[PDB]
Asker: 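Next up is a structure, given as structure tokens.
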Amino acid sequence: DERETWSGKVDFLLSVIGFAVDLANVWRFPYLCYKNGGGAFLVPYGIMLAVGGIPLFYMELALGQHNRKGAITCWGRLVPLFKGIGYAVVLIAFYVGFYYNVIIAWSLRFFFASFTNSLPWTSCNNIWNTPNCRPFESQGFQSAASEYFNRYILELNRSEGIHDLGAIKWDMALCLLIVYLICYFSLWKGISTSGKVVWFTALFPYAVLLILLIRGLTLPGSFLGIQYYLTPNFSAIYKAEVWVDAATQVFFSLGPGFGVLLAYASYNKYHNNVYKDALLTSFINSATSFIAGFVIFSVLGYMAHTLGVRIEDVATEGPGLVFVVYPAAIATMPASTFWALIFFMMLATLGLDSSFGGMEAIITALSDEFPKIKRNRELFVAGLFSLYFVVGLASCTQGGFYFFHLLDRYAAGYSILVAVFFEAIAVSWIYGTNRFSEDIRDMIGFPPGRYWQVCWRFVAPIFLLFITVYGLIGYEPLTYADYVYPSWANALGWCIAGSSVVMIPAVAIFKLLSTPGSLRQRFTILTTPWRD
Amino acid sequence: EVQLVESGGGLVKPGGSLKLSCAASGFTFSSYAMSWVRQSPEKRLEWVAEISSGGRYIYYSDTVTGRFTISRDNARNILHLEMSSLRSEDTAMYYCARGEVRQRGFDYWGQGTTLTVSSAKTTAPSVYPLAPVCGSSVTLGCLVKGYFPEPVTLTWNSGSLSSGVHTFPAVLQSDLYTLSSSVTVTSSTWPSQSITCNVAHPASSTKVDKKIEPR
Amino acid sequence: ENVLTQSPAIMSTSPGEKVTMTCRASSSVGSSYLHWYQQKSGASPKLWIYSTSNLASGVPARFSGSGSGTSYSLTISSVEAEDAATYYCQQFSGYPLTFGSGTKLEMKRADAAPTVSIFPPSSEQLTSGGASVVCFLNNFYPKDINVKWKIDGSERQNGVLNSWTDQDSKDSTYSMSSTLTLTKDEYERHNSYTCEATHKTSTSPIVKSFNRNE
Ligand SMILES: CC(C)CCC[C@@H](C)[C@H]1CC[C@H]2[C@@H]3CC=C4C[C@@H](O)CC[C@]4(C)[C@H]3CC[C@]12C
Ligand SMILES: CC(C)CCC[C@@H](C)[C@H]1CC[C@H]2[C@@H]3CC=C4C[C@@H](O)CC[C@]4(C)[C@H]3CC[C@]12C
Ligand SMILES: OC[C@H]1O[C@H](O[C@H]2[C@H](O)[C@@H](O)[C@H](O)O[C@@H]2CO)[C@H](O)[C@@H](O)[C@@H]1O
Ligand SMILES: COC(=O)[C@H]1[C@@H](OC(=O)c2ccccc2)C[C@@H]2CC[C@H]1N2C
Ligand SMILES: [Cl-]
Ligand code: NA
Ligand code: NA
């Protein structure tokens, strides 16, 4: 019966808040508003959030709290045929850990290089620069902040592709180690410790965002950036691509299918209200990105005014925004050293809490499956983080970014789309919504409304299929800058993307072979829950 | 047969005005539409203005409206481009290009004239020799530092020896250009003989010749 | 305006191999109104391919092109050294007229180690109050090379002006010039100078040093 529980109610929430809110909040959402017509983009965003994202977010949190056990066992007890979902969901998170942590390493690497009052990325006269360098972003040229991030920090110019990784940056390897050391000691003991640590990692960004919002809006031309941000264009509502970006962002911003929400909620009390938790968490996540947009664009508008740079050049997504564009502006304004330290520390704290969840989803799921793992929990995560750090050295190479960009697209790619798709179908059809509503009623006291039941069985599979289809329509071979990945690199990634998905039919097929009977009895044997 | 040359152009302060002219020969000039195309230092072509054969049809691609006025004189066969309110982003090499037929594009281009728009002021280059240190062959070079604006001309021994000479392009730093050139030659010549670096920056009227001393 | 995007911006090729550069538009362009140009280094552009198909005057038969709508391509049958240049596509379909971002073609060759030489500041310069050390790196491939100024035994960053050269018409290698600029006094307080190159040719850098007391 007994399993440990959170040491507080707030600890669970901030743990989920932290996991959900990451660099993608800062570096993708604000760009989507600018690109898709501003404040008008909130309309498809809100709708897709309402019908697509939150019901799926609600589902995992509900499933986790009810079955009270990790990802693999949860789907094992729910639909024994589909237990492979529990395997796919875990090793997806296992793949992400090989790359995602290198972003935090960059943040610390910048944070460490941020002790000085003359910032190294301001000037074009340094040793790592080239004639194409310009003080700020320009068409056809390279910014000083750019050449610092590539030719110095990453040393990416040493590499011709993914076939050549080059030497190993040991300043990066040190930064990566520190990250895992922080992760190890936080995640070491159960939620009695890691649950407390998130009080920093989750809250501290809001502290920095506050003082960066004040600093941002006070800059000359800050109001100009806000217009580039929220100025409504409703012509984009008719555009199908906008509905795809809104649907994709909503789905990825709150992650289902890493088993994290499933694991995190599994430590909640049975009669805890997980419906209010899902609503509170989802809102804060969306609210964070909205606020973060003001921070970015007030500074982006400051650049387009006083620094005389095109808004098209400085408006960007991905790591390029926070590691190049944004620090370039910081250096220009007074007390630059202060804004630099809190920003790169914020980036680090934005990465850590997320990494906590992803790893915890692996630990908890393997702890409930294999009893021997719960004993000597650290012996497991030491060997786990060792394997991560050893392979993580490849991310610390000169061709490290080429490796990072590969796993970013594939590991976390369509793998998780078809995984969550089978999650909704298994629950709402195979397991049934009647059972799911009955379970939720027994927990929070009341059953889900008619709205939530329709979304789960009908809207959500369409919602995910709508994204998956237009993702494949819009498929191109993986490329970065002018470098096109070799066809064996794309193939390797699809295996990484497929090694998860393949768990669904495999574990299903392997289970049928171990059951007695003709096809008709054994499949009702495998669709029978653990509560019978 | 067909020849297009571009006159005018040079250093102009922001807000200033300048007029470019294009001399045409080898064809009937009144029968073809002319167009100004400028090339930015980033090596990226941008169309500016088109004028018809009779000059009754004018098209402006605009970062440029109302600042530029394209003109045509079919009597003397000259193409004019009048500029005003110039700023830094107007800095480029302006080409005089022709074509009448939109379906065939621009079939003939001129040599081009260079326009530099900056608040920076003209300075004279200080050129320096580079002495090697106390082999089958020896490398020697000439450093040209702190000048504006481009361009300068660098030759070795009054522009006699070609081979083994690498002239590096100028790089702008703090409104000042720095340039260098390397020449490799056998140690049988040097110091068998006298090597001389020849630098010319017409804008600043500074023409300098440097002798190389191993000391 | 209709923006033309060319891929790829820089392309390396061995003579005799096929090459294809693509030109894509934001708006659909009439197949008759698209044109191509070749611009040699330090020279004026020249009409190369007009109306997506027909070659211009003087253009060898090795060149070809195809496309329609928002997608067009230029193809050279078998590349010769004479074909090294930057290629710009163009649309006349509607004003304002526009050019592609451009595709720069460069020749590939055997990897060559650089020849590094270090030059102390000429005393004629020291009288002016400045001191600048120059490091020449000549005849190497590929284009990207990295210089390190370590004045012994610490490395200095700022005050360094690097300049490459366009790809050459015969060796098909490159050359780079690193200039470390200081004042008179900072040159005096310190000991010796050194610039060396990390290249693909060798995992071990090529070092050049001279000391003021020798
Ligand atoms: C736009 C940003 C800043 C705020 C995010 C808006 C979110 C929090 C809002 C917008 C639309 C809202 C939803 C509208 C419809 C319903 C159906 C109702 O039976 C339960 C609440 C629920 C599910 C709302 C939850 C909160 C909601 C999703
Ligand atoms: C920087 C400005 C604009 C926004 C600041 C956001 C802060 C104030 C918000 C965002 C998330 C919020 C927290 C979310 C979780 C909980 C759990 C709840 O049981 C107590 C309140 C508490 C602890 C909230 C306190 C206030 C909070 C920290
Ligand atoms: O802004 C960075 C400051 O330290 C730099 O040195 C590097 C170098 O890798 C090593 O000394 C250590 O790892 O610290 C930094 C990491 O970038 C330079 O000394 C200067 O750029 C700055 O003082
Ligand atoms: C790479 O996948 C993610 O970034 C997700 C998540 O990250 C992970 O799932 C994860 C898994 C393993 C290691 C690190 C992160 C954090 C936030 C919430 C969803 C999404 N992200 C926006
Ligand atoms: Cl978001
Ligand atoms: Na996070
Ligand atoms: Na998020």
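Chain letters run alphabetically, one per sequence line, in listed order. The residues of chain A that appear here are 25-163, 207-599 by the PDB entry count, in order. Here chain B follows the PDB entry, giving residues 1-134, 139-219 in order. All chain C residue numbers match the PDB entry; in order, they span 1-214. This entry, so its header tells us, was determined using X-ray crystallography, 3.0 Å. When a ligand or atom number is given, it counts from 1 through the structure's own listing order.
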Asker: Which partner chain accounts for the most atom contacts with ligand 4, named as in the PDB entry?
Answerer: Transporter
Asker: What drug do PDB records list at ligand 4?
Answerer: cocaine
Asker: Find the other chains whose heavy atoms come closer than 4.0 Å to cocaine.
Answerer: A
Asker: Which residues of the other chains approach cocaine to under 4.0 Å (heavy-atom distance)?
Answerer: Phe43(A), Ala44(A), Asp46(A), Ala117(A), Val120(A), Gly121(A), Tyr123(A), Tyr124(A), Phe319(A), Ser320(A), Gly322(A), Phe325(A), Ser421(A), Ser422(A), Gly425(A), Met426(A)
Asker: Mind checking which transmembrane segments of chain A have heavy atoms under 4.0 Å from cocaine? UniProt numbering from the N terminus, please.
Answerer: 1, 3, 6, 8
Asker: Could you check whether any other ligands or ions come closer than 4.0 Å to cocaine?
Answerer: ligand 7 (sodium ion)
Asker: Report the UniProt Na(+) binders of chain A that come within 4.0 Å of cocaine, using heavy atoms.
Answerer: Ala44(A), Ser320(A), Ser421(A)
